[PDB]
Novice: 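Opened a PDB file with VRC01 bound to Envelope glycoprotein gp160.
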Amino acid sequence: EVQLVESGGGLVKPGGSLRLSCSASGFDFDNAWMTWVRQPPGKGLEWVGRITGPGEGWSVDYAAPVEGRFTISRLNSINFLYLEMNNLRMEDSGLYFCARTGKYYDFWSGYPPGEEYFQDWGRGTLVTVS
Amino acid sequence: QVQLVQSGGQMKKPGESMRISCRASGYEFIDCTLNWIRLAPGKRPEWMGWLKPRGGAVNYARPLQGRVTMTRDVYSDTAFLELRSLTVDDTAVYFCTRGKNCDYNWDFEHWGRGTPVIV
Amino acid sequence: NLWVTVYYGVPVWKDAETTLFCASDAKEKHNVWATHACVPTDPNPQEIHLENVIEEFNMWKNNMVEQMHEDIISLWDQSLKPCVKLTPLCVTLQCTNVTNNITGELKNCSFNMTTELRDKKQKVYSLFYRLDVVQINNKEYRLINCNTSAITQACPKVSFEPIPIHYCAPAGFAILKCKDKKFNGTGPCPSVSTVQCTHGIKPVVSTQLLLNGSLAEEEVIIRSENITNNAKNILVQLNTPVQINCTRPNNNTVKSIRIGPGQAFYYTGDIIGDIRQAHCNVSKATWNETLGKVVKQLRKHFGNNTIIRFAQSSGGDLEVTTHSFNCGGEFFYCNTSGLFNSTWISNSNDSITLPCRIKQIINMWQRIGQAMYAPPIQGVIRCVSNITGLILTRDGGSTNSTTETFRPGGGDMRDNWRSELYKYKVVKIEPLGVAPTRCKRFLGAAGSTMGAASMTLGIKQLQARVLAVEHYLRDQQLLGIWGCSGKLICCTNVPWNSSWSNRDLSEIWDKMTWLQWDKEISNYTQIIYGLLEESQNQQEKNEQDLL
Amino acid sequence: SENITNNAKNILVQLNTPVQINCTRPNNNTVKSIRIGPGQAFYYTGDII
Amino acid sequence: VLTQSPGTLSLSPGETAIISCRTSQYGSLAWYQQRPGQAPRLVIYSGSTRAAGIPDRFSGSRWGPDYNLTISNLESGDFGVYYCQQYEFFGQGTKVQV
Ligand SMILES: *[C@@H]1O[C@H](CO)[C@@H](O[C@@H]2O[C@H](CO)[C@@H](O[C@@H]3O[C@H](CO)[C@@H](O)[C@H](O[C@H]4O[C@H](CO)[C@@H](O)[C@H](O)[C@@H]4O)[C@@H]3O)[C@H](O)[C@H]2NC(C)=O)[C@H](O)[C@H]1NC(C)=O
Ligand SMILES: *[C@@H]1O[C@H](CO)[C@@H](O[C@@H]2O[C@H](CO)[C@@H](O[C@@H]3O[C@H](CO)[C@@H](O)[C@H](O)[C@@H]3O)[C@H](O)[C@H]2NC(C)=O)[C@H](O)[C@H]1NC(C)=O
Ligand SMILES: *[C@@H]1O[C@H](CO)[C@@H](O)[C@H](O)[C@H]1NC(C)=O
Ligand SMILES: *[C@@H]1O[C@H](CO)[C@@H](O)[C@H](O)[C@H]1NC(C)=O
Ligand SMILES: *[C@@H]1O[C@H](CO)[C@@H](O)[C@H](O)[C@H]1NC(C)=O
Ligand SMILES: *[C@@H]1O[C@H](CO)[C@@H](O)[C@H](O)[C@H]1NC(C)=O
Ligand SMILES: *[C@@H]1O[C@H](CO)[C@@H](O)[C@H](O)[C@H]1NC(C)=O
Ligand SMILES: *[C@@H]1O[C@H](CO)[C@@H](O)[C@H](O)[C@H]1NC(C)=O
Ligand SMILES: *[C@@H]1O[C@H](CO)[C@@H](O)[C@H](O)[C@H]1NC(C)=O
Ligand SMILES: *[C@@H]1O[C@H](CO)[C@@H](O)[C@H](O)[C@H]1NC(C)=O
Ligand SMILES: *[C@@H]1O[C@H](CO)[C@@H](O)[C@H](O)[C@H]1NC(C)=O
Ligand SMILES: *[C@@H]1O[C@H](CO)[C@@H](O)[C@H](O)[C@H]1NC(C)=O
Ligand SMILES: *[C@@H]1O[C@H](CO)[C@@H](O)[C@H](O)[C@H]1NC(C)=O
């Protein structure tokens with residue numbers, strides 16, 4: 001039972017900034033690395049970014065529209081995944097999801113970096129810009 | 001030590017006027033409110049008014065407005081009550097009272113000896 | 001599982017009483033209300049609006065008002081200290097009426113007075129108001145405050161004009177202010193902000209009607225510690241001003257004589273024109289509309305079928321029964337029986353003229369054995385001011401009357417400044433906190449839950465700065481003994497006991513603010529301070545670092 | 001005491017058992033108050049009853 | 001606004017006396033005792049708290065607007081006249097006799 005209660009964000013002008021938090025309890029936050037994704041309301045899920053494993057670089061990789069816009073951080077001491085989203089545009093909206101990324105690879109069909117999967121997600125947190 | 005030394009005891013006829021006094025002691029007279037209470041046998045105890053020194057502000061009970069006056073001497077620390085026109089109904093013992101903790105006036109911990117007035 | 005972690009800079013504040021320093025704007029250093037020692041003010045005060053947070057205010061019990069009252073009295077006495085003593089003025093005055101030359105407020109009051117040399121006396125003709133002069137026992141009088149107290153002359157150049165005075169808290173303290181427009185003095189305030197200095201508060205002295213000051217924003221606001229209590233004064237704040245002009249028609253020429261080495265007694269020489277009478281004007285329609293608004297608000301606290309009756313003050317000395325104020329250096333006392341004369345049943349361009357008397361012997365903040373002589377001001381005086389508040393008192397004492405009578409009442413002078421400091425509450429800052437965490441070695445975001453806040457994050461002035469320094473070192477001293485020489489965050493080696501209110505760490509850092517957490521572990525705090533003491537650091541630093 | 005044998009040096013004696021001493025002024029003084037100036041008042045023994 | 005239990009209550013020494021005062025308005029309620037030929041005393045204040053110097057026998061309160069004063073084990077110094085104050089009001093006044 002990996003509860004992922006993500007709670008943050010709300011109404012904001014087209015230009016602005018805000019600060020979403022994604023709690024997590026019931027697994028090993030200390031090395032397993034996590035991802036954010038965005039699902040605008042009239043749209044499906046779209047990938048945002050993901051912290052890398054502590055010891056696996058501890059870096060972040062943004063997405064094609066989001067690069068230069070968002071920033072991801074983790075305070076593993078308190079099991080919290082923060083996402084700062086700044087310099088906002090109007091398409092930025094939806095039930096922003098935080099999930100626990102995984103590492104998957106195998107030989108035979110091996111190819112770097114392989115693939116990852118989003119097993120345990122959160123419930124959701126609505127953010128809408130105006 | 002808080003002591004309200006009350007003084008009076010004068011027999012009066014109807015239609016005349018009366019005055020009684022209440023000297024404060026122990027506590028600083030200036031920074032604490034005084035009240036005047038009347039007790040008649042077989043009747044409700046009626047609160048007659050209150051007097052705040054440091055300005056001498058007065059609040060008279062509505063039934064007695066126009067007939068009761070309360071003043072004070074700051075230097076002798078003495079409050080004075082006066083009634084302009086007594087009647088038979090004014091037969092009662094009058095008390096000069098102080099709140100237990102003036103912050104809240106309506107706890108009459110300290111009472112005077114009592115001044116009977118017969119009409 | 002969980003370990004005590006020491007966070008410094010947590011946004012947790014606790015109420016408190018402290019010292020506060022004046023901070024004026026620019027300053028002729030002749031203002032009675034200027035100490036010529038108040039630090040310059042901030043041109044851009046750092047007013048920080050908070051996130052969602054409710055703060056329980058109580059304007060009736062804060063120490064800002066008591067401290068301001070003490071400061072005002074001390075400042076006035078300081079101003080009056082280096083001025084003439086008027087000891088030899090208490091003499092037998094032989095007074096005659098100021099007549100029409102053919103046909104009793106003013107009195108001539110000739111008298112003998114001392115001069116530069118003690119071997120000589122001079123005969124001086126003056127003019128004193130009837131209020132200042134009391135008859136002895138052959139038309140012989142004296143000044144009213146001679147058989148008690150001693151009258152001190154105000155220095156002629158000292159001006160009594162109110163000046164804005166900001167009150168600033170020392171470092172380590174802050175001043176929360178409630179911005180809720182309908183706030184009525186007590187209870188929760190959802191809209192809280194923080195400042196270092198209050199806005200400029202004019203020390204305006206008035207008794208029945210509060211002048212100038214600050215107005216309500218939306219509607220007339222009624223404040224009382226208990227509206228049903230007959231002893232607590234009701235403070236009314238107006239959302240619009242009612243202009244109150246006032247004048248002293250008399251063309252009054254002042255003359256001065258020397259009464260001793262380096263001392264001069266200023267007194268009214270004479271009057272050129274007709275004597276006339278001092279008076280004030282209040283717009284009739286505006287005052288009637290204001291009373292209508294006050295009745296509309298008062299009907300909410302009481303029954304909606306109650307007849308609200310306004311009457312004159314029922315008694316007291318001249319400061320309470322009459323609207324007492326300062327104008328151009330003179331002291332007016334106006335009847336105001338024409339303003340509160342009405343009954344209001346539960347469903348143009350005329351001016352109400354209030355007679356006013358002038359008193360030179362003044363006793364403000366009524367004290368046993370002290371008084372002032374306000375010297376007369378030459379020429380005609382006019383003022384223009386805003387009535388922005390009232391002080392009312394209920395009569396009570398009847399159950400079947402069905403009508404509530406509201407009379408003006410001066411009450412206490414502190415009631416003036418309660419109408420100005422109702423917004424503010426002083427809070428001590430306690431930046432230190434402890435929390436459970438899985439590591440073993442400004443006031444913004446107070447309303448934001450923990451975790452998000454973690455990454456998001458004259459003589460009075462001297463005592464004030466010194467205290468802060470001590471407090472600063474105190475925190476550092478704690479950080480010294482906890483093996484945390486750094487700042488902000490440090491992990492420590494004391495495990496979290498389950499008995500210390502445990503939510504399992506998923507909720508405390510998501511759902512709960514720093515203030516709530518402090519409330520949760522306040523009673524237990526000295527225990528963790530005990531365990532985080534150098535008892536742990538003796539095991540960690542003395543036993544293990546002697547190679 | 002400081003050096004004991006030294007004169008010119010007070011010897012402080014502290015008792016284990018207190019000795020009760022009681023004083024009185026048996027005069028029923030009637031005290032009057034008179035004003036000597038503005039505010040200032042002088043208190044003197046008026047009479048002896 | 002204020003009413004009380006019967007004013008001719010008569011008990012011997014030793015029993016428990018129940019004095020009921022009903023109040024219409026909100027406010028702190030105090031209980032006063034008047035001895036014969038002496039000024040009243042504050043017996044209870046703020047509804048339930050005893051005044052200084054009052055024994056523990058005088059106690060009692062009620063959440064609702066019907067306050068009850070309980071006087072257990074009456075002595076000779078009791079058996080005065082009891083009043084119930086709420087702000088200015090005092091009520092009818094009930095005597096306790098033998
Ligand atoms: C509420 O605020 C109002 C508005 O500020 C305030 O009215 C103002 O009062 C002051 C003080 O009386 C007035 O300033 C005076 O105005 C005239 C201008 O001709 C001068 O006579 C005065 O200067 C003389 O006095 C000074 C000492 O105070 C001396 O230094 C000087 O040399 C002169 O002898 C003085 O400047 C001001 O004009 C009014 N404002 C208006 C708009 O009329 C009012 O007093 C405040 N309320 C209360 C209760 O005080
Ligand atoms: C005037 O003074 C009173 C007492 O000092 C202030 O508080 C009031 O106190 C009474 C109890 O004495 C409260 O009664 C409460 O009522 C409800 C009943 O459902 C319930 O919540 C409680 O159990 C309790 O019995 C009363 O509510 C309380 N008044 C308020 C407004 O909270 C009173 O507030 C003062 N009046 C004012 C400010 O207008
Ligand atoms: C002053 O006027 C009063 C009131 O009319 C009068 O009684 C008094 O005698 C007058 N004084 C003198 C000295 O004429
Ligand atoms: C006061 O008396 C003197 C006596 O010389 C006189 O000159 C002066 O005019 C009088 N004042 C008034 C206002 O009448
Ligand atoms: C002033 O003193 C002189 C001394 O001769 C005396 O005659 C006169 O009456 C005194 N005047 C007053 C007004 O007291
Ligand atoms: C003397 O002072 C007292 C107060 O100490 C005051 O009541 C009295 O009125 C004064 N005397 C006269 C004659 O006014
Ligand atoms: C006014 O005071 C009452 C208690 O008397 C309180 O419940 C109320 O919240 C206050 N009004 C506001 C707007 O806070
Ligand atoms: C006060 O006087 C000004 C002119 O100085 C005038 O415009 C205003 O109407 C007056 N106020 C009242 C209430 O009459
Ligand atoms: C004030 O207005 C009320 C209605 O609000 C009216 O009945 C009353 O006559 C007015 N009073 C004056 C003095 O104009
Ligand atoms: C105000 O005028 C009324 C008119 O009846 C009068 O009774 C009252 O005494 C006056 N106030 C003062 C303080 O003289
Ligand atoms: C007072 O009267 C004198 C007479 O010379 C005149 O010069 C002066 O202007 C008057 N003052 C005022 C303020 O009208
Ligand atoms: C009265 O209030 C108005 C509105 O706030 C303001 O513009 C005006 O300056 C005030 N009057 C004075 C004399 O301060
Ligand atoms: C105090 O008494 C001791 C013995 O108890 C003695 O040796 C010492 O000299 C005395 N102190 C003096 C004389 O100051």
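We name chains A, B, ... by the order of the sequence lines, and we start the count at 1 in each one. Header lists the method as electron microscopy, 3.5 Å. We show just part of the entry here, counting contacts only within that part. Below, all heavy atoms of this structure are taken into account, side chains as well, without hydrogens, waters or symmetry copies.
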Novice: Which ligand numbers or chain letters correspond to VRC01, including copies?
Specialist: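 In this structure, chains B and E.
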Novice: Help me out: which other chains have any heavy atom nearer than 4.5 Å to VRC01 (chains B and E)?
Specialist: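 Going by non-hydrogen atoms, C.
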Novice: Which chain of VRC01 (chains B and E) registers the most non-hydrogen pairs closer than 4.5 Å to chain C?
Specialist: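 Most heavy-atom pairs under 4.5 Å go to chain B.
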Novice: Okay, next: residues of chain C with a heavy atom less than 4.5 Å from VRC01 (chains B and E), what are they?
Specialist: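 Non-hydrogen contacts point to C:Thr148, C:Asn226, C:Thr228, C:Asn229, C:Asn230, C:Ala231, C:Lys232, C:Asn233, C:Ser314, C:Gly315, C:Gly316, C:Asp317, C:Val320, C:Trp365, C:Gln366, C:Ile368, C:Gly369, C:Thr393, C:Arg394, C:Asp395, C:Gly396, C:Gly397, C:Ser398, C:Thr399, C:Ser401, C:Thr403, C:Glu404, C:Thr405, C:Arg407, C:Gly411, C:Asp412.
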Novice: What residues of antibody VRC01 (chains B and E) touch chain C if a contact means heavy atoms under 4.5 Å apart?
Specialist: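 The paratope residues, heavy atoms only, are B:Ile30, B:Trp47, B:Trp50, B:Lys52, B:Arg54, B:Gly55, B:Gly56, B:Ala57, B:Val58, B:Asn59, B:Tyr60, B:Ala61, B:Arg62, B:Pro63, B:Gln65, B:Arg72, B:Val74, B:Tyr75, B:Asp103, B:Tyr104, B:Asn105, B:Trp106, E:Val1, E:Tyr87, E:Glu88, E:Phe89.
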Novice: In the entry, what name goes with chain B?
Specialist: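 The entry calls it VRC01 Fab heavy chain.
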Novice: Quote the name the entry uses for chain E.
Specialist: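 According to the entry, VRC01 Fab light chain.
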